[PDB]
A.B. asks: 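For discussion: a PDB structure holding dapagliflozin.
For reference, chains are lettered A, B, ... following the sequence lines as listed. The residue numbers of chain A are those assigned by the PDB entry, with the residues present covering 21-569, 640-672 sequentially. Chain B is numbered as in the PDB entry; shown residues: 28-56, in order. Ligands are counted one by one from 1 in listed order, and the atoms in each one are counted from 1 as well. Per the header: electron microscopy, 2.8 Å.
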Amino acid sequence: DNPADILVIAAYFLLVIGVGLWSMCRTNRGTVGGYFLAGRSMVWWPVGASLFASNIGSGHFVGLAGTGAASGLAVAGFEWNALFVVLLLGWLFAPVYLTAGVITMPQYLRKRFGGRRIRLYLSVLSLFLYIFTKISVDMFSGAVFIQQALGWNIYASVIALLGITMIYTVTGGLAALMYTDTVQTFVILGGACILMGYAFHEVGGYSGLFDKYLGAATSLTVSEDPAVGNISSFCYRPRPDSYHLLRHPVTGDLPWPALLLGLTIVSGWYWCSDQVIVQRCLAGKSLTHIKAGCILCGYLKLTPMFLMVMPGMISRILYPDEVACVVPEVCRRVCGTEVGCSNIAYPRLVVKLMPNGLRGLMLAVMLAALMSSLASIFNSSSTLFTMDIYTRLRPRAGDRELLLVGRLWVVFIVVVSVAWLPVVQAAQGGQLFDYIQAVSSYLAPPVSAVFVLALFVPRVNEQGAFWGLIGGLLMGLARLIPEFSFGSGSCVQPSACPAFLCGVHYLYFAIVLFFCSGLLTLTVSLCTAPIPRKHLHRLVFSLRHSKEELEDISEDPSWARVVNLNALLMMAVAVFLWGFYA
Amino acid sequence: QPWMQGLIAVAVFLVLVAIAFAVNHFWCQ
Ligand SMILES: CCOc1ccc(Cc2cc([C@@H]3O[C@H](CO)[C@@H](O)[C@H](O)[C@H]3O)ccc2Cl)cc1
Ligand SMILES: *[C@@H]1O[C@H](CO)[C@@H](O)[C@H](O)[C@H]1NC(C)=O
Ligand code: NA
């Protein structure tokens, strides 16, 4: 309501309109190549910024700060894992997808194994994963930030946000989104940095976070409800391993072997096997631009710890009676949610710390984060649907009808997401961030397992890859459905789940499901006919000519040398930071 | 001390990258 907020939001919209118009003036959007792969003309800095901005949504501010507040700094693991896995994308996966000439990752599996059915299955599974794990987290976190910061109707505002991101997605294509994602990356990091600075000032520096956070307990630990009573000291006191990334392998909330192996498997899917991230690399101009873009993305993926997780922890120190509430009736008064108020952590800092002008910048940050992620998911889902499913229904389609169908899918997936909003709003507190990582850990590892065996074991055939995926889905669902039946509850009100389902961490299940999908893929492969695949195997990883029988992934040796040394430097910095906070 | 945990992690990583260059130099050529 202060003019300065409306001017900052208007200036942000003018930047987004302006970079969109410059991209539409520059690029061709009349062809499938142009609209869905940005002409394969994207240099390193939009690749990197777009990888970053398609990944960081409103969920990363709400979820990571909230989990920061609840549980300390090991959720940085979620972000920091990405660093190493984006080097797998640029050096292992992206070369193979460039030499295969794929528009989609289901098409790569069409090329590698050859049936009609793996491509259809992986398209449809991806489309469901985007609704369950990607749209849900964005819509949920948007609605938390609006409820808490603005106070507006959380239906009308999410309809309105979805409608502007629909227009923003359909009006340009992947080329406008990737250039606009350089501006969205700038706004996100810059506003997030200014709020991090105000937050760290309020607790009295970096030292202030680490000497006040283990003390940061609420004074309201006794419920008026009988059979809740005096709340346990485990449920309101901050965890004694709060300052440690690497937590106990059995009793850790995020066990270190689950963090390292289990997230590598799930991140593998997310970064290396999944249309949303990989479409930005498929739009790379060169392999060396994809590799440089991958390093930019890894450096930016270090930034979430300091911009989101540590502000969340500062939110627990400054507002311990509101952010670290445990009494079910106090948490209903604070944030509407009986199970906790950890999700207010980030929006509380914005409300309570930002002046008249910079509140508007923090609305622009959350808008930028939410629009970039939703636009990426809508465009990628459009590509997946158009190219995979609609060319099953209409093979002699042509590049004018396929763009119409691409833009109409964005309208349909917006409508599905509006109809999905009440179901996601039924997730109560910071449970949803666990649900989305649990879903990803139950559904993604079969897909990670097939892409690894698609790229590194040329004997894996179609029967193995398909029945690996389906067996994997069956094993996934055998956990998922039992779990979602029993609920989650909370530390105060435990769920009544057996400890032979929910007892094992979902990132440990991700490990088991990966090796079991993989073992079944190899077993069924070895017990069927070896399919010489044309004889071309530019669909596989090798050092020796990456091929067999434009599509030439040879880069300049000087620029090769540069990105190869910056990847090792970027890993060394990562491993230092893993060492530092372990 | 955090700084020393960081350095020991980096040290071990530079040993593993030296091992990677050793194994591919003698076993791919
Ligand atoms: C412990 C539960 O609490 C959490 C956990 C994770 C988050 C952040 C977050 C991370 C991912 C991405 O997750 C991928 C793996 O699923 C990573 O490969 C990627 O690097 C992340 O970017 C997606 C959505 C969200 Cl909200 C917040 C709270
Ligand atoms: C809570 O603990 C106090 C002692 O610390 C005791 O007097 C009281 O009875 C307890 N209340 C309940 C509901 O168990
Ligand atoms: Na985003």
A.B. asks: List the ligands or chains that belong to dapagliflozin, copies included.
C.D. replies: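 Short answer: ligand 1.
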A.B. asks: What is the name, according to UniProt, of the chain making the most contacts with dapagliflozin?
C.D. replies: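 The chain with most contacts is Sodium/glucose cotransporter 2.
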A.B. asks: Identify the other chains in heavy-atom contact with dapagliflozin at a 4.0 Å cut-off.
C.D. replies: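 Heavy atoms from other chains: A.
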A.B. asks: So is A:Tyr455 close enough to dapagliflozin, meaning a heavy atom under 4.0 angstrom away?
C.D. replies: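 Distance cut 4.0 Å: A:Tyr455 fails for dapagliflozin.
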A.B. asks: Can you list the atoms of dapagliflozin that are under 4.0 Å from a heavy atom of A:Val286?
C.D. replies: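 In order of numbering, the contacting atoms are 15 (C), 16 (O).
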A.B. asks: Using heavy-atom distances only, which candidate in A:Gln457, A:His80, A:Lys154 approaches atom 15 (C) of dapagliflozin most closely?
C.D. replies: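 Nearest option to atom 15 (C) of dapagliflozin, by heavy atoms: A:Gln457.
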A.B. asks: For dapagliflozin, note which part of A:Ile76 has a heavy atom under 4.0 Å away: side chain, backbone, both or neither.
C.D. replies: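 Neither; nothing of A:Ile76 gets under 4.0 Å from dapagliflozin.
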A.B. asks: May I ask whether A:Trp291 places a heavy atom under 4.0 Å from dapagliflozin?
C.D. replies: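 A heavy atom of A:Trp291 does come that close to dapagliflozin.
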A.B. asks: Distance to 0.1 Å, residue and atom name: give those for the protein heavy atom nearest to atom 17 (C) of dapagliflozin.
C.D. replies: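 For atom 17 (C) of dapagliflozin, the nearest protein heavy atom comes out as A:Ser287 OG, 3.6 Å.
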A.B. asks: Does dapagliflozin have an atom that lies less than 4.0 angstrom from a heavy atom of A:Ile456?
C.D. replies: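 No heavy atom of A:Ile456 comes that close to dapagliflozin.
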A.B. asks: Using a heavy-atom cut-off of 4.0 Å, list the transmembrane segments of chain A in contact with dapagliflozin, numbered from the N terminus as UniProt does.
C.D. replies: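 Segments 2, 3, 4, 7, 8, 11, 13, UniProt numbering, each with a heavy atom under 4.0 Å.
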A.B. asks: In dapagliflozin, which numbered atoms sit nearer than 4.0 Å to a non-hydrogen atom of A:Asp454?
C.D. replies: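 The atoms of dapagliflozin under 4.0 Å from a heavy atom of A:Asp454 are 2 (C).
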A.B. asks: Among the heavy atoms of A:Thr87, does any lie under 4.0 Å from an atom of dapagliflozin?
C.D. replies: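 A:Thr87 counts as a contact of dapagliflozin under the 4.0 Å cut-off.
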A.B. asks: Against heavy atoms of A:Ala102, which atoms of dapagliflozin measure under 4.0 Å?
C.D. replies: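 Heavy-atom distances to A:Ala102 below 4.0 Å select 20 (O).
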A.B. asks: I'm curious which residues sit within 4.0 Å of dapagliflozin, going by heavy atoms - can you tell me?
C.D. replies: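 The binding site of dapagliflozin (heavy atoms) is A:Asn75, A:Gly79, A:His80, A:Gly83, A:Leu84, A:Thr87, A:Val95, A:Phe98, A:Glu99, A:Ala102, A:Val157, A:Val286, A:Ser287, A:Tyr290, A:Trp291, A:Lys321, A:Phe453, A:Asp454, A:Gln457, A:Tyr526.
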